[PDB]
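Drug on board: ixazomib.
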Amino acid sequence: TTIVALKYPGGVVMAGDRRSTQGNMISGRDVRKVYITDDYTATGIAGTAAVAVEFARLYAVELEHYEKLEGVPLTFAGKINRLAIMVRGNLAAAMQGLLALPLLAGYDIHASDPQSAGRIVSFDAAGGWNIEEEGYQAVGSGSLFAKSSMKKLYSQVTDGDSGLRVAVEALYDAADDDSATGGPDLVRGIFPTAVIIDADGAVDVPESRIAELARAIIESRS
Amino acid sequence: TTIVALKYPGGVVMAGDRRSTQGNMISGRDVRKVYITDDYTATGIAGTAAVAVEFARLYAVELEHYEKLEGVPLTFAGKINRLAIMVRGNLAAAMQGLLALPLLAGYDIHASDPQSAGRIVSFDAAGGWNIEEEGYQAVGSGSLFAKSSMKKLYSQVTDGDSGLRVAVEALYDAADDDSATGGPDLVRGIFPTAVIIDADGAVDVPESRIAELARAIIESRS
Amino acid sequence: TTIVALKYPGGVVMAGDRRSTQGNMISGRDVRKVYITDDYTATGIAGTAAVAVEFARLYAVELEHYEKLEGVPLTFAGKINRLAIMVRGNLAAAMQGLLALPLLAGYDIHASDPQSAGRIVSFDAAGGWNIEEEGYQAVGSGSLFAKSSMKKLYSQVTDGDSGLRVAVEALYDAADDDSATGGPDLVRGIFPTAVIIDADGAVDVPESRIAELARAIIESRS
Amino acid sequence: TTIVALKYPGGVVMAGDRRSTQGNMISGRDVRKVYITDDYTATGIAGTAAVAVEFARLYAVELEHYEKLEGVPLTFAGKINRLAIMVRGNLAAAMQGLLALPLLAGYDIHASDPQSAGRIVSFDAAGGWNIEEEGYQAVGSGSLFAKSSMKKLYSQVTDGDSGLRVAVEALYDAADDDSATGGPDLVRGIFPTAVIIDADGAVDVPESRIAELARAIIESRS
Amino acid sequence: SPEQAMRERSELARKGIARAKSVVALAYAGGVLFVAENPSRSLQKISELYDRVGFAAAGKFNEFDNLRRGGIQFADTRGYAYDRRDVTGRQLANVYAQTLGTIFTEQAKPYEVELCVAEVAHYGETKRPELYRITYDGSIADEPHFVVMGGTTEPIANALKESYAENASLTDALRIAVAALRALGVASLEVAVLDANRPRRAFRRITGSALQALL
Amino acid sequence: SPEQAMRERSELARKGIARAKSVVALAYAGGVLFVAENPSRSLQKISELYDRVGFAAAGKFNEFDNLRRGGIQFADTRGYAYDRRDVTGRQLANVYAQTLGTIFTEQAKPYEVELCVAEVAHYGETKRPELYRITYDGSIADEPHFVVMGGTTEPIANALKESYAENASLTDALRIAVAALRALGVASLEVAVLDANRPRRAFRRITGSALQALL
Amino acid sequence: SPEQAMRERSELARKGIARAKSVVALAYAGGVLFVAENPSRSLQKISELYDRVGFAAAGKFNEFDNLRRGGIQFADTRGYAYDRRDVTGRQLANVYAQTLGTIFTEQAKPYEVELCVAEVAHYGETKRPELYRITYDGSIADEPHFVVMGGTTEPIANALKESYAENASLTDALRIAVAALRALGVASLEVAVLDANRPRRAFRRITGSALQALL
Amino acid sequence: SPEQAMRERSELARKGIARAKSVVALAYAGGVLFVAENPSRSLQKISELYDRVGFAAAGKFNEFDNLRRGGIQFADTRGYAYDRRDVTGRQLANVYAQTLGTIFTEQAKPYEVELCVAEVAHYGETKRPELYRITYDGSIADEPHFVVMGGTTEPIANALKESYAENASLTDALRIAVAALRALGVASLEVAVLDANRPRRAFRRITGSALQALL
Ligand SMILES: CC(C)C[C@H](NC(=O)CNC(=O)c1cc(Cl)ccc1Cl)B(O)O
Ligand SMILES: CC(C)C[C@H](NC(=O)CNC(=O)c1cc(Cl)ccc1Cl)B(O)O
Ligand SMILES: CC(C)C[C@H](NC(=O)CNC(=O)c1cc(Cl)ccc1Cl)B(O)O
Ligand SMILES: CC(C)C[C@H](NC(=O)CNC(=O)c1cc(Cl)ccc1Cl)B(O)O
């Protein structure tokens, strides 16, 4: 499992793979690991699948409940605090074998400068959170390879297309180096999933663009 | 124990064996492992027998209770959520030696296209559920052999008869490879049990058809 | 992690580094470890990050709550007692791997002599507190090296500038001797953080002065 | 840590050292270990510092609370019972590493003979108390050496000055034989602390007299 | 005597309802439209309960605010319990009726409120919108065309009955409702709609320049 | 009969309010100004609830002191729960209205209090200040210009209405409020302001030589 | 009717206060002086609450003894909670006012007590002593010069007002208080002082030969 | 009205006290002497509370038996809590006063009892014995010479006042008490003493041939 997120001038882009394994046996081929929490926020959780889906559905319900009750949406710090509390509450279950690690991406509409409005937040198993300032982050078992690839490929990002290409390349490198991460499937036609957040909101990326980018990358590497 | 389920154009078919063992000693020869929960849903549970019967009777009572209380039946996602909650609640008893793993088959009447209305859902020991998209699934100790047989025999399925024959063949292969699965008995006259769900509801398959199919398969293999 | 605090005629100065590690892997490069609790008090916590931030935010909220409720701020002994109670309450979590150790610096406005109004308080894992009388203190994993450096460099302190230079030099020595402490970064431009408390209140030190002092120290050592 | 107490015709004298250690590392140089509970009683606690301060502050508050509530002070036996209850309540925390052992000195104003009105009480870890009848007692890790020195030096005590000199000599011997006990510091000017209780109440001894006595003893030993 | 107590409580509730403003809910081709006369921009009388459910109230603000909060809690807990598509307005109306009956029976002072619950069809489906009216004593009724609550409703009801037209447009329905309520500019007006054409959430407010353009 | 009980309780609350002093809250260019006539220097009627929220009360001191403490508790717990910027004065006003309604309904003796909550904008932002008035029975209202509570408010209200000027200065607003209240030196005067220009905390008192200089 | 119940309870409390003795608290250069007429040597009306706080009461002994014990408990728990220097008399007065109001509202029989709390400055500091008076219904007031409670206080109040002198000595203040109370030897007299010159504890009684020498 | 309820309860208690027998407690050189007229040899009215404390009661037996048991429980628990020498009669009197006040205020029927607590000095010490009287409503008083409770006490009080002699002997005090009570052989007489000369326990009964010899 590997989920990447990065910033471009105008917003953020988040991408994730589709492989689910049970030890060394492949169990799932088209799992979706990226969710749209609200109009300007996306979350990606790694670890036990059931805990991840439960956390995602609970977080979405809590945000919607607050928005309906108070008539106004929460600020970014409030959402970070709620997610940190949810993560901290699972420490006892995080031990003994039910662990979930989230990653958050968002667009701040209250920021003075619209260009620097994209935010990426990472979390730890004890509930501590950190706001990234380097422009990219990765979570999962193949996060080190993806981070090392982005460290070299980040100079090419100029807009959304460049960032999406860099994210796909990082996922490809992570799948190349890790056996628990699923690479592109050309026999079946399964590709990673991406979400792009900008001033107009959060939109899912169509699969044709990702397929074209993956084919171009595969041709380049060959 | 092995329970198989598969999709055909028009609906779903589920099949199961009849052997019950206590270690290496044979204890039961005509156990029924497939239940009709309601008019459009079937469930098959593997593991400890008592837990399986308790889970089945409880699930049926809960569905009927909701239908009587609200005057309208639950949707498919609601039934999946209820089953997942029931499975998740037994985690502590799943450890230390009381484990039950279910498999669900159903027909969705709210689907726009009646042809693609059959659904197969699998579950894990932690309560996570997955909706199958390949067309077949198997649960139990002999599930790997049955899945590997269906992977090769799925190209022949065209209608209900073809699917039933494929399911019987998969059960036969699973019994051939596993000693905890019961094969056809010709001395006594005991055969696996099957349920077929289509637009008209869920119907039990008469034993004569299954006996004929098993005899044909045995003659072919000889 | 290393946090130093020292006294000069007129007030106190507290300084801290910016490195966060997970074992032998570097995780954070620009972490802030020094907080301004109120108009005349500063706190610095070492250990687990999440516990430290939680302790800091809780302490600030408690002080503000008392000030708003009673219409008058607490005395120094009351603040020490509250911090000691907060530390003592985490003993069970301090064992098994969630440990936080604070250090407190402050200016007493009720003291008869304004020159000798700076106070430095240290704490232990059981909740015991001690008021320093030698003029300096350090906390963290590199505290011994910083203390040994200050023991020799304390004779030069005359005013705020001298104390700030001595604090930066002590942090530099601690980073030289310890690998878990972050030194000055000239490639990126990241420097330690300092807070100065005097009769006018507590003020954050601008980064330009610290950069100049660090460059001067590096040139001197070369 | 070593605290001594002894009787002279007219009252009692209690003395204590100032060293605090964390294993083999010296942590504190001017710790005060002797408290004035009320007008005619003094207490000295050895062990964990935080537990000792908590016990002392709690005992003083309880005595003052009873005096204010009933309009009359408690008798000596009542104070002994309260201290014994407080000690007995910490047995569970005394095990596993939070141990505090007190020693009590007092002057009884209800005694028929004013000469024999000084009382010394010792306690054990289970809450049992004993009233001394030999004229001296010591508590701490160096108590054996101090007791053996007083056993030989007790014949010289005639009044308060003689008793104070004997107490200082016993503390000096205890510091000579034990490394966890602090001796006189002539470089820094730190000396043990003493309290004298007589018919007029309990008074702290000024540091000049103790410094003179320590210098005389050091000159004699040289 | 129980009769005198019930009569006095009913009279108190009737006076409290009668000394309040008027809220009107209409059904048009696009869904449900709520119109109220409210000068304040911070206190609202029309709210959203769930994806396709809308809530309107007449009476004391602090009395139906609690009811609205409770309804939102029930809907979110039921949606997480089974599914989002298993939540309907009839269950909310029944819960409101039970709560109001219990309050009218046991509490010292009855609530002076009148409630209306509106529901529209899901996206991509055709179905008649449903309107339920709940009174202070716990009575629940189903209204096929329109609901008028608060104040003197007889002239408004007569005007709406004489002027109601099925399958009307948004502007025509808004003008008809405004004319019926008059018998009212940008200020002192609160207008909300349940848009059946919206994908997931149907509730939306019309305020500002758009309201004047449509008026 | 419930009518007689409610009428008697309302009359008791009205008398208790009428036999009290007067508090006046005004909105000027710099924010919100609170003026009260209080001789004691130890008991205060104007207080701060949060960073940009201010509280004023008229009536019995021991009755609204508890309300003030409860409001501070709610604000601090909510600020720690989500964030400091997620706390607004409308929530505090709603909580106060619910508490006052519950007290008036259930308690043996109703509270003889009148409450006012004021809120200003955050630093670096432009927004109209908000003023909410809460009565003994639980009614909550929004006032755009000024709030006058306690004693005989009709002459003060008339004077303020005739003399109110928008976007006034601090000295002019203070003099206008003092003139309206007269119809009062350093002593027997309590003046507080919510400074919208302050970075984080906006509440501050004006007492001593500064008050005389501005008077 | 609530009015009749409140009037009857107030009348009962007024009679209970009126049929009691008189206690007088004065402020002089050395601090606060309490003078009461009490023949018994075992039951006391003047007590110490904390280091610099003093308590006086008039009425039924068993009724204010419980209040005194509760005040001591509050002070000791707060002193151990934060610090000894964080305890003031205003908090004790507020707690007493809340307790008395709750008793007067809920209990079947109101307390027939009148309470006075006095506070002086810390050692080495200059500050005016503070005197707070608390009545049966929960009202709290601040008195700058003197407090007279119990019995017919009008002649005593008039005599004290005509004869009060600021910055008086101990003997002169004692004689003035005795003369005011007369309008009384060693017996039937209880005299206490809060000595602002004492290091830590300020409360002390003057009884025996010293009282006669100073009389 | 509370006045009528309090008056009726006080009248009931007064009648209950008036229809009872008489108990007399005197102070002589050897300590305290209790004399009562009681024919039964199994039910007793004079008892011992602690080492130097004695208890006497007048009224209904089953009503003050519970009070006596409670007092013994309090004394033993306090003695084990701190020490035996930290227990005094004033604390017991205060506890009895609080209990009687609570019973008179809250219970449906007030207790028809009159209580007396006597205390003497410790062994080897000189001190005046202390006598405290507690009534049904909770009032507590200190009596220096003698206590007379139950029945018509005016003639007995007058006779004792005219005939009381300080520092009297045991026989003279007994004869004086008997003469005062008459205005009575071995039977229908209960005599007890608190012997201040005894080492630890001071209470002892005088019955049988010794009583006749001393009579
Ligand atoms: C979203 C999620 C797929 C994340 C990934 N985790 C897993 O796949 C872990 N696997 C299971 O939990 C699991 C899956 C099944 Cl089908 C059966 C049993 C188990 Cl034990 B990842 O690589 O970190
Ligand atoms: C429905 C059920 C038959 C499923 C199958 N499980 C078992 O047979 C396990 N067996 C027992 O539970 C059991 C049966 C008896 Cl008679 C006595 C003791 C035991 Cl321990 B399967 O192969 O997975
Ligand atoms: C303020 C704090 C940074 C103090 C320092 N402590 C740590 O860095 C300890 N590290 C973590 O807690 C931690 C950090 C992350 Cl990103 C992930 C996992 C862990 Cl386990 B110090 O050197 O004492
Ligand atoms: C009054 C007290 C100083 C008595 C003495 N005990 C100790 O010094 C034990 N030491 C600590 O408790 C302690 C002190 C610090 Cl600074 C940090 C950690 C620890 Cl673990 B003694 O010698 O018996």
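First the proteins, then the strands, lettered A, B, ... as listed; each starts at 1. First listed ligand is number 1; within each ligand, the first listed atom is number 1. The header says electron microscopy, 2.6 Å. Partial entry; contacts are within-part only. All values below come from the heavy atoms of this structure, side chains included, with hydrogens, waters and symmetry mates left out.
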Which polymer chain has more close contacts with ixazomib (ligand 1) than any other, using its name in UniProt? Proteasome subunit beta
Give, by letter, every other chain that has a heavy atom closer than 4.0 Å to ixazomib (ligand 1). A
Looking only at protein heavy atoms, which one is nearest to atom 13 (C) of ixazomib (ligand 1), and how far off is it? A:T21 O, 4.1 Å
For ixazomib (ligand 1), which atoms, with element, lie under 4.0 Å from some heavy atom of A:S27? 16 (Cl)
May I ask whether A:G47 has any heavy atom positioned less than 4.0 angstrom from an atom of ixazomib (ligand 1)? yes
For A:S20, counting its heavy atoms only, list the atoms of ixazomib (ligand 1) lying under 4.0 Å from any of them. 3 (C), 8 (O), 14 (C)
Quick test: of every protein heavy atom, which one is nearest to atom 1 (C) of ixazomib (ligand 1), and how far off is it to 0.1 Å? A:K33 CG, 3.8 Å
For atom 21 (B) of ixazomib (ligand 1), find the nearest protein heavy atom and state the residue, atom name and distance (0.1 Å precision). A:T1 OG1, 1.5 Å
Closest non-hydrogen protein atom to atom 19 (C) of ixazomib (ligand 1), residue and atom name please, with distance? A:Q22 CG, 4.2 Å
With a 4.0 Å cut-off on heavy atoms, is A:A49 in contact with ixazomib (ligand 1)? yes
Which neighbouring residues and nucleotides define the binding site of ixazomib (ligand 1) at 4.0 Å (non-hydrogen atoms)? A:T1, A:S20, A:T21, A:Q22, A:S27, A:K33, A:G47, A:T48, A:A49
